[PDB]
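A deposited model with sonepiprazole.
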Amino acid sequence: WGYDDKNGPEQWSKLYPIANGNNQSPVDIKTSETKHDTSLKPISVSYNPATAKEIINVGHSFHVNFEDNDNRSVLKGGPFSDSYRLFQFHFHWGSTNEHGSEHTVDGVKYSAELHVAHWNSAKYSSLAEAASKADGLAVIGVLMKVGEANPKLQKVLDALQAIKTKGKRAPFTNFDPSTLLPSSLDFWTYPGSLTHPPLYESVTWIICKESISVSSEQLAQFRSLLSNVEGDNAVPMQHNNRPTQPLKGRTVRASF
Ligand SMILES: NS(=O)(=O)c1ccc(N2CCN(CC[C@@H]3OCCc4ccccc43)CC2)cc1
Ligand SMILES: [Zn+2]
């Protein structure tokens, strides 16, 4: 599976029939069709920078993984009774600045999207068990609008030179990803899925109303990462964004 013509999001249903399910992500948030929900608490993030572990080139993208053995790094509040434990963050981006986000707002595409992924450690023992469960994952999505260089991205961008090719990894320590989140934590939420295979309908999405910035040059650094293993012909990671999927009667709630 991948993002190419031959293995891309249009082909995914062949290997993963859930691709055409009823709770697929991402979606276009229509602001006129959302519903202010009264019982949504604010989002509380409390991350410990010592839980940052490793940055990895996975060939379609790159992941920053966290230690998830205890509750040092948690997401609380919003639509949740339970505490969710941080395990990874990553980005999606497009061929050019014109597209790149997975979620769209009133049909407007942003240049990139930040995902912060968490698992339900109140109800399940591991990521392995939580990952396939209706209530198992919580991902925060932040839309990234092309403009001014984002200095909080610097430590991430500075690490990419050590994981240029597929399978390469390095230590990535002493990092609190709440520093990447926008000042306002006003959000939308809907029940949904992983935006790539295995596409489990296990995700409660938290989509920030406020965007963060990224430069054209910072997006060039993402696209300068390589999908091939060391010594093969260089294949740039041009894009890794899935097109928006039908709501199929689901309701997007707003905190605001
Ligand atoms: N773009 S996104 O934010 O929707 C997003 C997409 C994919 C992920 N991945 C990590 C979590 N997923 C859990 C399933 C995983 O792979 C299958 C085997 C297996 C075994 C044991 C434990 C876990 C797993 C895998 C992909 C996370 C977030
Ligand atoms: Zn993602």
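Each residue takes its place number in the sequence, starting with 1. For this deposited structure, the header notes the method as X-ray crystallography, 2.3 Å. Counting starts at 1 for both ligands and their atoms, in listed order. Just so you know, these numbers use all the heavy atoms, side chains as well, and skip hydrogens, waters and symmetry mates.
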(message) I need every copy of sonepiprazole for my figure - which ligands or chains are they?
(response) ligand 1
(request) Find the chain with the greatest contact count to sonepiprazole and give its name in UniProt. (result) Carbonic anhydrase 1
(message) Under 4.0 Å and counting heavy atoms only, is there anything from the protein next to atom 21 (C) of sonepiprazole?
(response) yes
(request) Would you mind running through sonepiprazole and noting each atom that sits below 4.0 Å from a heavy atom of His92? (result) 1 (N)
(message) Checking a contact table here: which protein heavy atom is nearest atom 25 (C) of sonepiprazole, and how many Å away?
(response) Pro198 CD, 4.3 Å
(request) Check each atom of sonepiprazole against the heavy atoms of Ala128 and keep those under 4.0 Å away; list them by number with element. (result) 21 (C), 22 (C)
(message) Hey, quick one: which UniProt domain of chain A is doing most of the touching with sonepiprazole?
(response) Alpha-carbonic anhydrase
(request) Give the residue, atom name and distance (to 0.1 Å) of the protein heavy atom nearest atom 13 (C) of sonepiprazole. (result) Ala131 CB, 3.5 Å
(request) Find all atoms of sonepiprazole within a distance of less than 4.0 Å from any non-hydrogen atom belonging to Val139, and give their numbers and elements. (result) 3 (O)
(request) Enumerate residues in chain A that UniProt marks as binding substrate and that sit less than 4.0 Å from sonepiprazole by heavy atoms. (result) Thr195, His196
(request) Measure heavy-atom distances from sonepiprazole to each UniProt active-site residue of chain A and report the closest residue with its distance to 1 Å. (result) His60, 7 Å
(message) In this structure, does sonepiprazole have an atom that sits under 4.0 Å from one of the heavy atoms of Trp205?
(response) yes
(request) Tell me which UniProt Zn(2+)-binding residues of chain A have a non-hydrogen atom under 4.0 Å from sonepiprazole. (result) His90, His92, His115, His196
(request) Just need the protein heavy atom nearest to atom 1 (N) of sonepiprazole, so name the residue and atom and give the distance. (result) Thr195 OG1, 2.8 Å
(request) Examine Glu102 against sonepiprazole and note whether any of their N/O atoms are separated by less than 3.5 Å. (result) no
(request) Would you mind checking which non-hydrogen protein atom is closest to atom 10 (C) of sonepiprazole, with the distance to 0.1 Å? (result) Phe87 CE1, 4.0 Å
(message) Please state which option from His63, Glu129, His115 has its nearest heavy atom closest to atom 3 (O) of sonepiprazole.
(response) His115
(message) Tell me the protein heavy atom at minimum distance from atom 28 (C) of sonepiprazole, and give that distance in Å.
(response) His90 CE1, 3.8 Å
(request) Determine if the distance from atom 16 (O) of sonepiprazole to the closest protein heavy atom is below 4.0 Å. (result) no
(message) Checking a contact table here: which protein heavy atom is nearest atom 26 (C) of sonepiprazole, and how many Å away?
(response) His196 CE1, 4.2 Å
(message) Among all protein heavy atoms in this structure, tell me which lies nearest to atom 12 (N) of sonepiprazole, with the distance rounded to 0.1 Å.
(response) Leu194 CD1, 4.1 Å
(request) Provide the residues lining sonepiprazole within 4.0 Å, heavy atoms only. (result) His90, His92, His115, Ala128, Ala131, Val139, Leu194, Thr195, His196, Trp205
